[PDB]
Asker: 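Okay, here's the structure, questions in a sec.
Positions are given from 1, in the same order as the sequence printed here. Every number for a ligand or one of its atoms is a count from 1 in the order of the listing. The figures that follow rest on heavy atoms only: side chains count, while hydrogens, waters and symmetry mates do not.
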Amino acid sequence: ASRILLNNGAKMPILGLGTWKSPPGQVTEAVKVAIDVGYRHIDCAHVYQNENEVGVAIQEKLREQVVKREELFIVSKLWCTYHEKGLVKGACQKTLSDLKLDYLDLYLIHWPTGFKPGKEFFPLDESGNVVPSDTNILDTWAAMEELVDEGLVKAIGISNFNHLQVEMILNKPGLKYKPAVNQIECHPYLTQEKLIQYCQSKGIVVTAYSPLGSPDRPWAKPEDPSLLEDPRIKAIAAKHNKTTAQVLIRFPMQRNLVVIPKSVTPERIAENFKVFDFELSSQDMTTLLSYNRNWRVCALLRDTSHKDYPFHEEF
Ligand SMILES: NC(=O)c1ccc[n+]([C@@H]2O[C@H](COP(=O)([O-])OP(=O)(O)OC[C@H]3O[C@@H](n4cnc5c(N)ncnc54)[C@H](OP(=O)(O)O)[C@@H]3O)[C@@H](O)[C@H]2O)c1
Ligand SMILES: NC(=O)[C@@H]1C[C@]2(NC(=O)NC2=O)c2cc(F)ccc2O1
């Protein structure tokens, strides 16, 4: 089945296109190709600095009647410098304008960490530390709930929240809407069994980011593990007559996760979508899970001092 049921009653395509690092002069065509080939979920963010260009593609394909808006599932995130109650609505509307939408299917708090508002996405003090905001994530969550009540977003969620932070929202006094999704890093080197189990036990759908290991991450090093070239994973792919990437995408799908591989390459975009025609065995799945090494691509290493930094806790 191509979609999963959220706790807001809407359905979310379990496969989406990521857009972090997608160059602004390539991402319009990437999203047009993705929708042409059958993608119905696009994962976006203001901090990616390319929403206008993603939006151009979405609008053209609506205009062309390639797809209807009801059939698309568009996701964006609230960046850390906009956690203040007075800035949330504005941030959302700028993203909407850029994406040329009148609503988001899903809007996520991008990180539990709030930063000082301003032009800079990573505001620094004179000694190099990121400057935090005094806003806490419970007041940020209430502002996200307002967005629902104003019709700007159909669902709200969180990203990069650890289990104690998910729990804090779940136990927020006067909680109005629970989070629908927690978007976290997840791949065979970071399998996240504990956090996923917790979120799913709570009815919260987990989206797996960097499922291919983010080989274009800016800080990659030639000696890092490589999922795509791990011969153990190659072997499993070979056996199923699929590519390694296809295996890496099918893997979270069979854990009842949503997954959002990024590509701006038309051939790979199509490749990545042909994952609905084969099944990994239970054994394949346990084998993939065994490769966990708690290897994190996205650890926000410029702000490990934040009170709300999520990755000091085990999960
Ligand atoms: N919530 C957050 O904090 C957060 C954090 C990280 C990522 N994300 C989201 O998750 C998405 C996915 O993560 P990611 O961008 O870090 O990386 P990823 O999706 O794990 O990997 C993308 C890299 O893989 C390459 N690639 C894609 N398909 C391939 C295939 N079939 N064969 C070989 N190489 C392939 C891409 O190349 P080309 O593009 O050159 O084809 C690109 O270099 C992001 O784009 C973003 O939407 C969210
Ligand atoms: N260092 C990190 O872990 C995050 C990763 C991350 N990528 C992503 O998709 N979400 C993120 O927040 C990102 C994206 C940016 F545009 C800029 C910084 C950046 O930092």
Asker: Identify the main binding partner of ligand 2 here and report its name as listed in the PDB entry.
Answerer: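 Chief contact partner: Aldose reductase.
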Asker: What is the recorded name of the drug molecule at ligand 2?
Answerer: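 The name is fidarestat.
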Asker: Can you check which residues touch fidarestat (ligand 2) if I set the heavy-atom cut-off to 4.0 Å?
Answerer: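 By heavy-atom distance, those residues are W20, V47, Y48, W79, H110, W111, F122, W219, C298, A299, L300.
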Asker: What are the identity and the minimum heavy-atom distance (to 1 Å) of the UniProt active-site residue of chain A closest to fidarestat (ligand 2)?
Answerer: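 Of the UniProt active-site residues, the closest to fidarestat (ligand 2) by heavy atoms is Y48, 3 Å.
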Asker: Quick test: of every protein heavy atom, which one is nearest to atom 12 (O) of fidarestat (ligand 2), and how far off is it to 0.1 Å?
Answerer: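 Scanning the protein heavy atoms, the shortest distance from atom 12 (O) of fidarestat (ligand 2) goes to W111 NE1, 2.8 Å.
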Asker: Where is the nearest protein heavy atom to atom 15 (C) of fidarestat (ligand 2): which residue, which atom, and how far?
Answerer: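 Nearest protein contact, heavy atoms only, for atom 15 (C) of fidarestat (ligand 2) is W20 NE1, 3.6 Å.
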Asker: When only distance counts, is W79 in polar contact with fidarestat (ligand 2), meaning an N/O pair under 3.5 Å?
Answerer: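 No, since none of the N or O atoms of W79 sits under 3.5 Å from an N or O of fidarestat (ligand 2).
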Asker: For atom 9 (O) of fidarestat (ligand 2), what's the nearest protein heavy-atom neighbour? Residue, atom name and distance, please.
Answerer: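 So the nearest neighbour among protein heavy atoms is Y48 OH, 2.6 Å.
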Asker: Tell me which UniProt NADP(+)-binding residues of chain A have a non-hydrogen atom under 4.0 Å from fidarestat (ligand 2).
Answerer: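 In chain A, UniProt ones with a heavy atom near fidarestat (ligand 2): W219.
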Asker: Atoms of fidarestat (ligand 2) less than 4.0 Å from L300 heavy atoms?
Answerer: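 What qualifies from fidarestat (ligand 2) is 1 (N), 2 (C), 3 (O).
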Asker: Please state which substrate-binding residues recorded by UniProt for chain A are within 4.0 Å of fidarestat (ligand 2) (heavy atoms only).
Answerer: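 UniProt binders with a heavy atom in range: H110.
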Asker: How far is atom 5 (C) of fidarestat (ligand 2) from its nearest protein heavy atom, and which residue and atom name does that atom have?
Answerer: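 Going by distance alone, atom 5 (C) of fidarestat (ligand 2) is nearest to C298 SG, 3.7 Å.
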Asker: Can you tell me which residue and heavy atom of the protein come closest to atom 16 (F) of fidarestat (ligand 2), and the distance to 0.1 Å?
Answerer: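 Ranked first by proximity to atom 16 (F) of fidarestat (ligand 2) is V47 O, 3.2 Å.
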Asker: Around atom 11 (C) of fidarestat (ligand 2), find the nearest protein heavy atom and jot down its residue, atom name and distance.
Answerer: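 Answer for atom 11 (C) of fidarestat (ligand 2): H110 NE2, 3.6 Å.
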Asker: At less than 3.5 Å, what protein N or O atoms come close to the N or O atoms of fidarestat (ligand 2)? Include the distances to 0.1 Å.
Answerer:
| residue | atom | partner | partner atom | Å |
| --- | --- | --- | --- | --- |
| fidarestat (ligand 2) | 3 (O) | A299 | N | 3.4 |
| fidarestat (ligand 2) | 3 (O) | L300 | N | 3.0 |
| fidarestat (ligand 2) | 9 (O) | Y48 | OH | 2.6 |
| fidarestat (ligand 2) | 10 (N) | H110 | NE2 | 2.9 |
| fidarestat (ligand 2) | 12 (O) | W111 | NE1 | 2.8 |

